[PDB]
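Worksheet for the structure shown next.
The first residue of the sequence shown is numbered 1, and numbering continues consecutively from there. Atoms within each ligand, like the ligands themselves, are counted from 1 in listed order. What you see below is based on every heavy atom in this structure, not just the backbone, and it leaves out hydrogens, waters and symmetry mates.
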Amino acid sequence: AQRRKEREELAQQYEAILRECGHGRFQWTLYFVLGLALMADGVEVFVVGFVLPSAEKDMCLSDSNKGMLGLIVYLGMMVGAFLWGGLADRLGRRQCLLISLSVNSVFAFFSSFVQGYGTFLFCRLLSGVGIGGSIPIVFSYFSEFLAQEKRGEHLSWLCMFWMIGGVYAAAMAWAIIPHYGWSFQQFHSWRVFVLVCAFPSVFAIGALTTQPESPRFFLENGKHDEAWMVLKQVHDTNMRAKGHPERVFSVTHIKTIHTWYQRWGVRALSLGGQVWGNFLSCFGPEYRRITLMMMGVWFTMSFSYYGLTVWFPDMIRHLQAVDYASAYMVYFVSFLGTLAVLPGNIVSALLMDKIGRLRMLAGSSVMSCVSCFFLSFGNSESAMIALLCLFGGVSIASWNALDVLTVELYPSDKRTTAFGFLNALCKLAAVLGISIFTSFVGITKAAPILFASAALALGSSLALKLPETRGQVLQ
Ligand SMILES: CC[C@@H](C(N)=O)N1CCCC1=O
C-alpha cells in the first residue's frame, strides 16, 4: 500500500517537474542521439533478414547453414533483449545502452575479419545479443523525459530512425557489394559491407556518451541529487535555447523511492535475483491480464509482420523465375518496402494523441488484415511490390501504437524489463514466422495469407481489450 502511494506521488511530481522544464532543445538532441541506436537496430535487422542468407557473396556454406545463419541471430537478439531490458531496470538506461552498443559494435567489427563460417556465425550471434537491447531501452529512456501532453507523438517520431537504418543497410548493400573491385589481398567486398554497417552503432556510442542518465531511474533508486542535477540540466538547456536563460529552476526537493571474482559472483547473483524478481512481478495480479494480452498482441503482430515481410521478396523472386522459364532485386524491393513505411509513420505520429493508441492499433490491424486478402490477386511482380508497400504503410502504425502502449502500461521500475520480455517474444515470433512462411514459397499463396490474416485478426481482438492510457502521468 505505502510504496504504491509514494510512487504515485512521485509520478505526479515528476509530471509537474517535466512541465517546469518544458519540451525543447534537450529532448530533440536526445531524440537524435537515441535515433542513432534505433538506426543501428534497423541495420542489424536488414542484414540478418536479407543478407545473412549469404545472398550472393559469402557462399562458402550449405543451404541448411544459410538458413541457420539467417535465423539464429534472431535468437541472439531475443537473449539480448531479455538480458539488457532486465539489467536496465537495475543499472540504468544509459549504462546498459552503452554496454549493449559496445558489444554490438565490437563483435560486428570482429565479424568483418573472421576467415570461417563458424566464427562469423558466432560473431553475428554476439552482435545480435548486443543490439537486442536497443528498442526496449531506447523507448523507455526517451519516454522518461516526456510530459503527457504530446508523449505519444514524440515517441512515434522515434520510429523514423529504424526505417532510416533499413534504408541505409539496403543502399549500402546496393553500393558496396556489387563493387567487387573494392577488395585487397582475401578482403572481399562483403567485408567492406559488414564493416560499414557497424558505423551507426559506433556513432551511437559516441553521441550517447554526451547525454545524462535518466533522472526517473535515479529517483526510483534513491539518488535524489543526481536526478535534481539532471533535471536542472534539462531546464537550463531548454530555457537557454528558448532565449530565457535568466529563468531559474524552481524545484527544491523531489520525492525519491528507497578475491575479486568471488565478489563479482556475489554481485552477479544479486543482480540476477533482482531481475528475476522484476520479471515475475510483471505477472503479479495487478499486471497479469495486461501482461498476457500484450504477449498475445506482440506475438501475433510480429509473426504476421516478419513472416509476410520475408515472404514477399521470395514470392517476387519466384514470380520472376517462372516468368523467365516461360541479390539486387531483393535489396531494391526491401528498399521500396522500407520507403513505403514513411507515410504511415508521419500519419500515425501526427494522429497518435488525437485518436488514441487503442483506435490506432485496432484500425491499423484491421487494415493489415484486409490488405492481406488482396494478395490472392497479386498477378504480377508490379502488383506484388505495390501490395508490399501497402502492407508496410498500413501496418507500421500498429507498431508505433504498440510501442507507445507498452511504454505507458508499465511502471518505471519494471518498464525496461517488461519491454525486453515482450521484444524477446517478438523476436521469437519473428523466427517462427520466417521459418513457417519460407516453407510455403512457390507451393501456395493461400497458406501464408490465411496465417497472417488470422494472426492479425486475433491481435486486433486482443488489442481492443487493453486500457486507454491517454491523459495519465507516466506511472
Ligand atoms: C522500432 C521499430 C520496430 C518496433 N516498433 O518495435 N519495428 C517496426 C516494424 C517492425 C519492428 O520491429
What is the identity of the drug or drug candidate at ligand 1?
levetiracetam
- prompt: What is levetiracetam bound to here, taking the chain with most contacts and naming it as the PDB entry does?
  reply: Synaptic vesicle glycoprotein 2A
- Task: Report all residues and nucleotides of other chains within 4.0 Å of levetiracetam (non-hydrogen atoms).
- Result: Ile135, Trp162, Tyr305, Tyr306, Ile396, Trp399, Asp403
- Task: Give the residue and atom name of whichever protein heavy atom lies nearest to atom 3 (C) of levetiracetam, and the separation in Å to one decimal.
- Result: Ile135 CD1, 4.2 Å
Can you pull out the closest protein heavy atom to atom 7 (N) of levetiracetam? Residue, atom name and distance to 0.1 Å, please. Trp399 CE3, 4.0 Å
* To do: Could you find the nearest protein heavy atom to atom 12 (O) of levetiracetam and give me its residue, atom name and distance?
  => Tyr306 OH, 3.3 Å
- Task: Under 4.0 Å from a heavy atom of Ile396: give me the atoms of levetiracetam that qualify, with their elements.
- Result: 8 (C), 9 (C)
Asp403: numbered levetiracetam atoms lying under 4.0 Å from its heavy atoms:
4 (C), 5 (N), 6 (O)
